[PDB]
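A structure with estradiol.
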2 protein chains.
Amino acid sequence: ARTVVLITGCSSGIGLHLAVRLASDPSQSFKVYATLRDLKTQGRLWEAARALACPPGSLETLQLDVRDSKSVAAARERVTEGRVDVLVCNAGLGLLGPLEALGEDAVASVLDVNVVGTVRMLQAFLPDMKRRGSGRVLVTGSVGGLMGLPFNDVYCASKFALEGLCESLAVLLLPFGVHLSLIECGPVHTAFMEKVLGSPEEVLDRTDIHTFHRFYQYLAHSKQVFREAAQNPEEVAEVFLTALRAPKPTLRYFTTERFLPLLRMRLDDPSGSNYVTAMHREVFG
Amino acid sequence: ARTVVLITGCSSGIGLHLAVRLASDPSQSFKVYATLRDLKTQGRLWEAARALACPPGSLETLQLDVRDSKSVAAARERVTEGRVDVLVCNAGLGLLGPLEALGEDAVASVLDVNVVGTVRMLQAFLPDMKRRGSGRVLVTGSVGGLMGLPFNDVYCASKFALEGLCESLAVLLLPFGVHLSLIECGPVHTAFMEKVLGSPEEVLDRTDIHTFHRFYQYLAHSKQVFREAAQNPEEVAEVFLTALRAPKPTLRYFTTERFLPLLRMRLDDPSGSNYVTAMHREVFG
Ligand SMILES: NC(=O)c1ccc[n+]([C@@H]2O[C@H](COP(=O)([O-])OP(=O)(O)OC[C@H]3O[C@@H](n4cnc5c(N)ncnc54)[C@H](OP(=O)(O)O)[C@@H]3O)[C@@H](O)[C@H]2O)c1
Ligand SMILES: NC(=O)c1ccc[n+]([C@@H]2O[C@H](COP(=O)([O-])OP(=O)(O)OC[C@H]3O[C@@H](n4cnc5c(N)ncnc54)[C@H](OP(=O)(O)O)[C@@H]3O)[C@@H](O)[C@H]2O)c1
Ligand SMILES: C[C@]12CC[C@@H]3c4ccc(O)cc4CC[C@H]3[C@@H]1CC[C@@H]2O
Ligand SMILES: C[C@]12CC[C@@H]3c4ccc(O)cc4CC[C@H]3[C@@H]1CC[C@@H]2O
């Protein structure tokens, strides 16, 4: 159908549920290109798509690895319509542990995927939206890009980076009639975390005993935050559709109002210490 | 002298003036290791140091390239005292132009220096401060890390990343008695900008005519913002000393109160659109 939507990172979580929520839409107005780093993992996407009854042709899958600009351009070339009306930059990776225990590859990967990957997506797809004078870009955001979290130093570094990247682009884009919005998400049940790490044996080798202990405490605490605040990817998908529907989309959309008070205490105390003291008390006690 | 201070990026600007402001301090309590990417450029540092009368031994220069962990560890090994009381992460690069005109090397460099470089500094020097139960880390910040600026997409991406990185570390660090603060700076007369770019011929080749035109407009506008708001590096150095003096340093220190209203409109309108509309009007008219 008429609105062409291209989504990154659709093998699971937000991306997967958003592709099927769009392709199974009552109005049948979306033509979805669900992109995945590795096409062989598309099984779960179709199982969900078939549970929602997506009309043949409403959903097509492509291989798109955000670390490779040749993969990104190849995917763009497979959009048969020759246009993308809604570009959703969703692919992302986590990175957890003491800063000193993180290796150079892991740090570099996180920045390459979460930041440079988005830049690649935007360089390949913004030109044509500017030429056409229209387009929507939706970026999966995180409360981790709005407030720092202990033992997520590089991950927060990467999520804050998208905030800077998208805000800077948004200031330029108004006059071109291209809208950019971030969908700010808290914890989401998606297996994002399941790969965020483990291996206490190796970690203890890379840091001191006190840091290690504080790490275990952070891990106990995020086990409760996840049970307390994870949302399901279906709920998050609805926030994207809210954004793609608005005639004049705002820069930010929040999927929960839950972390706002905490967010407000970084501003109402500009020195930023109130936040630091409050987050240390919530995490470590 | 007694407080050992190690500073990155001292061939010019903030780093240069901060090293000499500390080594020429009346109390003569600072022993400064002024680090530079390339030792052969140390001329300007000494000229200023000799204009301020720094006692022999108050200032030592080392080579330290933040993109190389071997250079970073080698520099740490030359601290004869075996300790660093104040670590100042100042090295940084700019990147300007239409997002689509930026090459992969340039983007990668900016992130490698501004973000990963700080991570390298922190991995090499935090362990010993945690072991000792004391230390101050001061990071040169930017209003560009707090609000997005058109045509500085990757630069803002990198400066926001430091915000995330330092806030996340700050939450962990309290209990270790190690303080981390960011020194938020606006435009500074330092030649940072002088290398931020030019070459309209090559740029026009990489983007569309409308974007190009908007770029020229941004360039006219930053010529006035720089004359209107640049501060001198001596003024910025005093803010670092304010931070290193406080018995309980806050996470953020601002060198000007000038951009706060703008900063406040990103929060008081959480959708973040008020800011986007206001920044577009200030830059493009
Ligand atoms: N999960 C949370 O609690 C949470 C909270 C806030 C924000 N977010 C954000 O939500 C987004 C979606 O993640 P999720 O929570 O749904 O986790 P997820 O279930 O692990 O899904 C992330 C997707 O990104 C893909 N991806 C990873 N590397 C890629 C690459 N190089 N090229 C293309 N795609 C790649 C993954 O594919 P593969 O499976 O093949 O690797 C997967 O399809 C991320 O940007 C993110 O960080 C998540
Ligand atoms: N200038 C502004 O208007 C402004 C505004 C806000 C924030 N800041 C920030 O202020 C900091 C200091 O910059 P500045 O304004 O003083 O500009 P600058 O005069 O160009 O000084 C930056 C210094 O960083 C060094 N550097 C660059 N790459 C390095 C590397 N790979 N390893 C070690 N050192 C390296 C440069 O050395 P080389 O000369 O050899 O390259 C130079 O000594 C930066 O983090 C920054 O982005 C500046
Ligand atoms: C930033 C994340 C969402 C917000 C989460 C949060 C939010 C508030 C809080 O007090 C603790 C945590 C712990 C884990 C955080 C997450 C780590 C991954 C995710 O992106
Ligand atoms: C972010 C910077 C400081 C703040 C500057 C600013 C701040 C406010 C504003 O309205 C325009 C500009 C243009 C250039 C910006 C700068 C680019 C380099 C510097 O780091």
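Proteins come first, then strands; the chains are lettered A, B, ... in the order of their sequence lines, and each starts at number 1. Just so it is clear, the values below take in all heavy atoms, side chains as well, and ignore hydrogens, waters and symmetry mates. For ligands, and for the atoms within them, numbers begin at 1 and follow the listed sequence.
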Exercise for review: Name each chain or ligand corresponding to estradiol, including duplicates.
Suggested key: ligands 3 and 4
Which chain is the chief contact partner of estradiol (ligand 3) here, given by its name in UniProt?
17-beta-hydroxysteroid dehydrogenase type 1
State which other chains have a non-hydrogen atom nearer than 4.0 Å to estradiol (ligand 3). A
**Asked** Hey, is estradiol (ligand 3) close enough to A/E282 that some N/O pair sits below 3.5 Å?
**Response** no
Practice item. Ignoring angles and geometry beyond distance, decide whether A/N152 reaches within less than 3.5 Å of estradiol (ligand 3) through its nitrogen or oxygen atoms. Key: no
Item to check | UniProt active site of chain A: closest residue to estradiol (ligand 3), heavy-atom distance | outcome: A/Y155, 2 Å
### Task
Go through estradiol (ligand 3) atom by atom and flag the ones less than 4.0 Å from a non-hydrogen atom of A/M193.
18 (C)
*Which protein heavy atom lies closest to atom 7 (C) of estradiol (ligand 3), and at what distance to 0.1 Å?*
A/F259 CE2, 3.3 Å
- prompt: So which bit of A/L149 gets within less than 4.0 Å of estradiol (ligand 3), heavy atoms only: side chain, backbone, both or neither?
  reply: side chain
- With atoms numbered from 1 as shown, which atoms in estradiol (ligand 3) lie under 4.0 angstrom from a non-hydrogen atom of A/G144? 1 (C)
Exercise. Which other ligands or ions, by number and name, fall under 4.0 Å from estradiol (ligand 3)?
Worked result: ligand 1 (NADP nicotinamide-adenine-dinucleotide phosphate)
- request: State which organism the PDB entry lists for chain A.
  value: Homo sapiens
**Request:** Taking only heavy atoms of A/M279 into account, list the atoms of estradiol (ligand 3) that are under 4.0 Å away from them.
**Result:** 9 (C), 10 (O), 11 (C)
Next item on the list: Report the nearest protein non-hydrogen atom to atom 4 (C) of estradiol (ligand 3): residue, atom name, distance rounded to 0.1 Å.
Entry: A/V143 CG2, 3.2 Å
Which residues that bind substrate according to UniProt in chain A have at least one heavy atom within 4.0 Å of estradiol (ligand 3)?
A/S142
Does estradiol (ligand 3) have any atom sitting under 4.0 Å from a heavy atom of A/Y155?
-> yes
Can you tell me which residue and heavy atom of the protein come closest to atom 6 (C) of estradiol (ligand 3), and the distance to 0.1 Å? A/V225 CG1, 4.0 Å
- Message: Any heavy atom of A/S142 closer to estradiol (ligand 3) than 4.0 angstrom?
- Response: yes
Quiz item: Can you tell me if A/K159 has a non-hydrogen atom under 4.0 Å from estradiol (ligand 3)?
Solution: no
Review point. For atom 14 (C) of estradiol (ligand 3), which protein heavy atom lies nearest, and how many Å away is it?
Key: A/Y218 OH, 4.1 Å
* To do: State the atoms of estradiol (ligand 3), each with its element, that fall below the 4.0 Å cut-off from a heavy-atom position in A/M147.
  => 7 (C), 8 (C)
What is the residue list for the binding site of estradiol (ligand 3), using non-hydrogen contacts under 4.0 Å?
A/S142, A/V143, A/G144, A/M147, A/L149, A/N152, A/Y155, A/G186, A/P187, A/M193, A/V225, A/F259, A/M279, A/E282
